[PDB]
Number of protein chains: 2
Amino acid sequence: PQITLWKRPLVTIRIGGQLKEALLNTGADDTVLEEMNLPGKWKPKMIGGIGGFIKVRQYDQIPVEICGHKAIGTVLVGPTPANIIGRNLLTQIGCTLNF
Amino acid sequence: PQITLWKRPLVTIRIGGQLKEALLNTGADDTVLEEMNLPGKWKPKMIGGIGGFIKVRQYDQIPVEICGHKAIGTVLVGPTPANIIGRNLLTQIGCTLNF
Ligand SMILES: CC(C)c1nc(CN(C)C(=O)N[C@H](C(=O)N[C@@H](Cc2ccccc2)C[C@H](O)[C@H](Cc2ccccc2)NC(=O)OCc2cncs2)C(C)C)cs1
């Protein structure tokens, strides 16, 4: 698809076999998801948002399906009020900024 | 311009009379720039995200130059760890996501 920015670019993502609504975010390297248990090893991380930093768990090689598109990559799980799909996965699904 | 997402989508913006780098951010409802002086009035405001919210000055109908593209809109000024160009202005310059 080709999403416009008049409204927040929200889409459906599937991960761990669970379906979630996410926001496409060119403004961030990594992808952050709302708390949700996931399998695998994981290292602790600290990431800074607009109002400060939050602690997250970084999982690697996690398959995440975005709007029908396949992606496998590093996912950060933690206190975020919104599942934000970052650049790495964006490029994985062939997303670009056009103007 | 076709922007890949493999790297930060930074672009030069000319505002007021200053030319600085800002991120084309589709994960932001608003445009936020780092502390600076701007002419005009302004109502205080609190914008938030990961880590919480921050205090910013809201200026409206502010001229902004983003890659030979002229836009006139709302510009929040304050303690942002990054110069952000949000959807309010991205749409103005006719920008979309495609994949
Ligand atoms: C509540 C929820 C349903 C929503 N609210 C909104 C509206 N809001 C609040 C925003 O758009 N808020 C913006 C914002 O921070 N957007 C964010 C997405 C988000 C939205 C809501 C809650 C948490 C994260 C997305 C933005 O690209 C910012 C920009 C940025 C860059 C460097 C330093 C700080 C910030 N990115 C991050 O906060 O990235 C965190 C990281 C990810 N991986 C590593 S750090 C502000 C800049 C204005 C959209 S969805």
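Chain letters run A, B, ... following the sequence lines, proteins first, then strands; residues in each count from 1. What's counted below: heavy atoms across the whole structure, side chains too, no hydrogens, waters or symmetry copies. Note that ligands are numbered from 1 as they come in the structure, with each ligand's atoms numbered from 1 the same way.
Notes: drug at ligand 1 recorded as ritonavir.
The macromolecule with the greatest number of heavy-atom pairs within 4.5 Å of ritonavir is, in the PDB entry, named Protease. Chains touching ritonavir with a heavy atom below 4.0 Å, listed by letter, come to A, B.
Within 4.0 Å of ritonavir on heavy-atom distance sit the residues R8(A), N25(A), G27(A), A28(A), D30(A), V32(A), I47(A), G48(A), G49(A), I50(A), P81(A), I84(A), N25(B), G27(B), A28(B), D29(B), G48(B), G49(B), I50(B), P81(B), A82(B), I84(B). Residue-ligand proximity, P81(A) to ritonavir, at heavy-atom distances under 4.0 Å covers atoms 22 (C), 23 (C). Considering backbone and side-chain atoms alike, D29(A) places every N or O at 3.5 Å or more from each N or O of ritonavir. Every atom of ritonavir with a heavy atom of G49(B) under 4.0 Å away is listed here by number and element: 15 (O), 22 (C), 23 (C). Residue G48(B) has at least one nitrogen or oxygen atom sitting less than 3.5 Å from a nitrogen or oxygen atom of ritonavir, judged on distance alone.
In this deposit, the organism assigned to chain A is Human immunodeficiency virus 1. At least one N/O-N/O distance between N25(B) and ritonavir falls below 3.5 Å.
Against a heavy-atom cut-off of under 4.0 Å, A82(B) is close to the following atoms of ritonavir: 32 (C). Atoms of ritonavir found under 4.0 Å from any heavy atom of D30(A), numbered from 1 in the order shown, are 42 (C), 43 (N), 44 (C). Below 4.0 Å from some heavy atom of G27(A) lie the following atoms of ritonavir, by number and element: 27 (O), 29 (C), 31 (C), 36 (N).
Annotation: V32(A) places no N or O atom under 3.5 Å from an N or O atom of ritonavir; distance criterion only. Of all the atoms in ritonavir, the ones that sit under 4.0 Å from a non-hydrogen atom of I47(A) are 41 (C), 45 (S).
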